[PDB]
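Notes on a structure featuring acarbose.
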Amino acid sequence: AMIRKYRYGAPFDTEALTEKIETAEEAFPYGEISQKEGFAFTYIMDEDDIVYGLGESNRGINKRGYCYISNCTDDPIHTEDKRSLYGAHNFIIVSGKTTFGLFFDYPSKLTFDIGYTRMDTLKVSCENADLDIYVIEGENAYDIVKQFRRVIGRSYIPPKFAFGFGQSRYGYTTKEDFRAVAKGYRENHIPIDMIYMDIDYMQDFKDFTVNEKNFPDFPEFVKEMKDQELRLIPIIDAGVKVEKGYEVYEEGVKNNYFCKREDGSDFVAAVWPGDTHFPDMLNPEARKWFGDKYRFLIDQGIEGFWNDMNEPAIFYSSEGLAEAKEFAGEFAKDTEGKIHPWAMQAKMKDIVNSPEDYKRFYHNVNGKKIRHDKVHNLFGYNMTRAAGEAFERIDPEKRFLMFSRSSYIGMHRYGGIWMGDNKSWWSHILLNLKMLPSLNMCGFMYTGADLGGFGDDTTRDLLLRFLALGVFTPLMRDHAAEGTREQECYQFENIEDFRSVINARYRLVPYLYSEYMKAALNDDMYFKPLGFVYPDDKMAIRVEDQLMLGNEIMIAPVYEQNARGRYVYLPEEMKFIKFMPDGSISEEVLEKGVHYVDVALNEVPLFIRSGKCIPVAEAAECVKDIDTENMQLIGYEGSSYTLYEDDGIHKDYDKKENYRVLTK
Amino acid sequence: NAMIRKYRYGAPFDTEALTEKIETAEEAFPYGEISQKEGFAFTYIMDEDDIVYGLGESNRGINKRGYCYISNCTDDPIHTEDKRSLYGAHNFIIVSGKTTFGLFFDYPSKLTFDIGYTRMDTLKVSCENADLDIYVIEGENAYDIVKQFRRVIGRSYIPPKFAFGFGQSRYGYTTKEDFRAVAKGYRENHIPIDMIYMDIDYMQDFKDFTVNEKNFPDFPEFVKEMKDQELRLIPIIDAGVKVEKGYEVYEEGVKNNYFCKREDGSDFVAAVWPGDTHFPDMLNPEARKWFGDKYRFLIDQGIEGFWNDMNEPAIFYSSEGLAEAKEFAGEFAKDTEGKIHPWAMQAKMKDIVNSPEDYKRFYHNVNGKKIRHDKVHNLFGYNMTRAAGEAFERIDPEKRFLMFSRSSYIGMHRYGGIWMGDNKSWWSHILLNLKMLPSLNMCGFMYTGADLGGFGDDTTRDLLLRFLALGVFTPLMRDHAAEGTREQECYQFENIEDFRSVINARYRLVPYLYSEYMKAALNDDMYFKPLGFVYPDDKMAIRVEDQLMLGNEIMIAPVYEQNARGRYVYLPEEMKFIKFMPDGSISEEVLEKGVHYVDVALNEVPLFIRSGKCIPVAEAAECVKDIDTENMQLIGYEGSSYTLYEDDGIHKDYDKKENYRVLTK
Ligand SMILES: C[C@H]1O[C@H](O[C@H]2[C@H](O)[C@@H](O)[C@@H](O[C@H]3[C@H](O)[C@@H](O)[C@@H](O)O[C@@H]3CO)O[C@@H]2CO)[C@H](O)[C@@H](O)[C@@H]1N[C@H]1C=C(CO)[C@@H](O)[C@H](O)[C@H]1O
Ligand SMILES: C[C@H]1O[C@H](O[C@H]2[C@H](O)[C@@H](O)[C@@H](O[C@H]3[C@H](O)[C@@H](O)[C@@H](O)O[C@@H]3CO)O[C@@H]2CO)[C@H](O)[C@@H](O)[C@@H]1N[C@H]1C=C(CO)[C@@H](O)[C@H](O)[C@H]1O
């Protein structure tokens, strides 16, 4: 009713939406649509108009003033200029005097020119007038989003343990590597529930093996780790290594489960294991075959997975590789200097994630051959769907921890997202923050960034400020790239400081989980821009470095080096809370308005809204040990918090026992 | 100045950074601990509250704690927070806390500042060779310590007045049409401007000290076509002298042994824009004078300023590097077994650029003894600008020339300014350009700016405007853009009157800004100051990093977040919030000491006036020579006094009672 679906050409069915919406028949309600060059929507914006959405895209909460292209790209350098990151989330809302939401249900490259060309002009275009546009209406932007959240289906719900802290590093390889990490944390009493395993745990980077030489009995090691409440979260890449004898490879080939070239042969793309093949994620059968392979690890005790390189990322195809070796040929023999080293360098770079490669292989969809570039942004989506759907067969009642890098809307039902290869820059603390709400609008609630920065060298302080933001993000893990400064918490001085920050995560767990469960089950938001909560405050709607969490709190982390505080705007009176390093909790009332607050490196800050309160537990070293019984209530006297909780393992969501009102 | 003990280690190369002879102190080192096991290392444990200023043009913020900085002039077009080395080497730092003192490491080689990077409480300055002078500057506070240092390094370079105008630039402008188009585009729209820069294209095949003969049949006249319009062309000069027979500059450098040379006596070859080039031996006096004198060519044609580029010096690849690369390309090409990953190929291409190894392959002839370049690496750009400067004074001693350089070392500030190089059209770079200001001032470099709009990548309308609004206050205010970037000339955007509004604020402030720069340079004082220097005992002010004091009257606080309509500020004393309005009016508002949010729209230029002060504001003019300083509105507080310095802005006659006049509100 307050949602209509306008249809152009013959759209590919993305299965993005779970709710049926009939094809409206009147005139498109806003702006203009054109077909002189492919397809274009053009809209003129009110000078005060704010644009939200685009989920995991570059820049800030208000998208006005730059260009975003949905075109899932493996790009390790997230600088302000980049137009396409990992995600393809074609949902925007124009909010102002004239407010409306738009979802562009489209598989391929979609360019959102949001004021970049002309300031007052919003122009969303793509090569093909074959798509569905969904127009949503409501009073405010929050209401437009909650409607969207309805029609795309309930977001993924992770197991309770995933609301713990997780340690990860590209490099962990042996039982020793892993033990010294468990050692490092448990011996210094720093809580943690997860350690991630990156590609070095496989045999020759073969999907669905383990290095038999390093884990002669992987299952027992898993049980040894799990005994200390450490759950090993293995990675899975998109490419299956080409290698005779390799079971997963032989099957893929024999049953035509792989993407093929225009000639029927299996397309080769090179990744970690060298030459690989990509499972045909768009083909229902291949998807059940791929998903089922997760049993290999589940049967061994594994309760979580992360999907990577699933744009899919291509270092080089056999086609590109020959072009390059060949060019290098003329370079090597160049006497006249007709071939500059810059160009040789340019070719090496162009064979990576080549657009030419993305038209070299095809998907087989219920018998229809479709070229990959045409459906490019669905690949990661469906790889994560394969896992999810396979999960539900293996054990319909159990929750598995699951996240992916690349995604498209609809994938939000089967798994969360991590924000990819960030760097150890202070600006990336803010980027982590700004992306949260957008992702929530698009259904992705279980998200977080690599704390302390994936790439490059971190410092003791960058890490602590990153963690302090992580405290509030459902996914909280410290991750680091190959050969960077070691950034485990125990790899610094005065380690107790890190204990302090993590401790705060582990006291806030029952609240954060609660607020998560309530949001997901209600097709609602976990993180909200201040604009959603105080739509009348023309000051609040412009704030981009503070977020509302649930209905009880606001967060505002420090993201500047050497700072000892930061400016905040409070659209209402709140109590200002800091989790102190001695184990106590500072509390101060602060009137609405502007304020500079003092927040030391080893203190964690949050605000509690007027007439509200939240439960806080004692610090425990793992999710299982948190005493949920006698929690302290912080906030406003006479207020009440409805606390959700369940076994945090199965999907028994609708019990009256799951709710329990607390009054301060 | 015997409040500046100097400590000697080894047999230091003389950088000529100081103009003041300081004797070699004789006691143990006044602070921390010195070690000499595997080179040289100063190690100091800092107090928790200590702040660290300095390092001029270096990465990150005002307070330098919490990272690692390396003096090693490097051509790096990507200015991300992780970078440890950019273009300049300004080895001056100051520890500001319970124990305040200042340090200058006079060392021309790779010098590492580990400022609380490894251990948070640990400052460690180390290098390979113990061949260095270390100046310890004692004093009451940081500001004072900086004033001392400014005096032993000598008066800062002083630009002609026309350089406080606005300038337009692009790695693209090639023909008369292009330049005329910039002319017409600005003039027709009554947008103030004084300079148009000429990038490497005006040359004859990138040959230094030539001009394109087909492009510019009669250059002196075209230069005149522009000058009559109050537009001054500022051509670039590159470090590399193109290798080519018949090319006079090359023939002479070779004939007279003026180029840097391989170990074996051969003229070292480095590839740059022109192709193979030689580098003029900037550490050789005869060479330095020969190169400097070459500027006459352009000066005798009516040119009144220059910029020196690529002078780290930047190297695309050496002859040795190309060969090594082509031979690797071969192995890769014929490799049938996948022995050679494409990543290794790609890594080799990257390796040949600015290859530390090349910097080991050429020497400087310093009156007799040959010195391997890497041993004096941070000096190259400094002595190239020194070549140009000394030349100017031989060529015409009365007249001031516009001069600035990319690479630099303390001491170069006497001969020219610098721009902050290849930044990017990122909002974060507006702040980066802000934060570098104070630091560069502490090291003598006052004439500085950044590429407004962002050099690299594509800018937007709002980004360019917020950049200009900072640029209003930086002595170098220049719009420059990379090859193939979106056009960022002010006339290439809708509602052009918002660019005329903003750049009006500049020309209206020019009388006062010029005044402060002149006063500051002649007094060995700073033009920009961190708030700590002015409000030493306000714990809140000593940590403000995104505001700056300018002279002794005003404070700046640029908007740097995209889509923001205001920003938070902290005021250490009562002040008049002022906005140059898009209508021409100047809004005024008193705000007390404390935190505030102030509305600054895109097309408004903000600034604050200190309690007890005021400033002159002229009416808008479209070029510097047309500005009317006779009757200027005074903006500020009642019964305050401003001393206006002014002169002909052309010659070098600075010490005269007639240059000053007291204005009273
Ligand atoms: C691990 C990471 O590797 C791949 O990306 C890397 C590039 O291939 C490298 O060339 C290198 O690029 C840097 C260059 O040296 C230089 O141009 C500099 O300016 O910066 C560049 C980027 O920092 O570094 C890249 C990233 O470190 C691949 O594209 C990327 O997606 C990979 N990340 C995934 C893989 C692993 C291992 O399974 C996980 O640890 C990550 O979390 C994944 O997201
Ligand atoms: C003009 C500029 O060119 C040289 O640097 C360029 C590189 O050679 C290119 O490879 C390219 O780098 C980009 C990467 O491919 C990409 O990874 C992305 O991250 O951005 C990189 C840089 O934006 O672009 C570079 C910049 O164009 C040279 O080393 C550099 O120092 C040059 N700058 C000076 C030269 C000119 C022309 O005479 C002047 O206009 C400038 O103002 C100078 O500062």
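Every chain is numbered from 1 and lettered A, B, ... according to where its sequence line falls, protein lines coming before strand lines. Every heavy atom of this structure was used, including side-chain atoms; hydrogens, water molecules and symmetry mates were not. Read the numbers this way: they start at 1 and go in the same order the structure lists the ligands and their atoms.
In this structure, the main binding partner of acarbose (ligand 2), as named in the PDB entry, is alpha-glucosidase.
By chain letter, the other chains having a heavy atom closer than 4.0 Å to acarbose (ligand 2) are A, B. The residue-level binding site of acarbose (ligand 2) (heavy-atom cut-off 4.0 Å) is A/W342, B/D75, B/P77, B/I78, B/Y171, B/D199, B/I200, B/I236, B/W273, B/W307, B/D309, B/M310, B/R406, B/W419, B/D422, B/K424, B/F455, B/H480. When only interatomic distances are considered, the shortest N/O to N/O separation between B/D451 and acarbose (ligand 2) does not fall below 3.5 Å.
Inside a 4.0 Å radius of atom 24 (O) of acarbose (ligand 2) there is not any protein heavy atom. Looking at acarbose (ligand 2), you'll find an N or O of B/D199 within less than 3.5 Å of one of its N or O atoms. When only interatomic distances are considered, the shortest N/O to N/O separation between B/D422 and acarbose (ligand 2) falls below 3.5 Å. Atoms of acarbose (ligand 2) lying under 4.0 Å from any heavy atom of B/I200, numbered from 1 in the order shown and given with element: 38 (O). There is a protein heavy atom less than 4.0 angstrom from atom 19 (O) of acarbose (ligand 2).
Under the PDB entry, the species noted for chain B is Blautia obeum ATCC 29174. For acarbose (ligand 2), the atoms lying closer than 4.0 Å to a non-hydrogen atom of B/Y171 are 1 (C), 37 (C), 40 (O). Remark: acarbose (ligand 2) and B/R406 share an N or O pair separated by less than 3.5 Å (distance only, no angle test). Counting only heavy atoms of the protein, atom 35 (C) of acarbose (ligand 2) lies nearest to B/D309 OD2, 3.1 Å.
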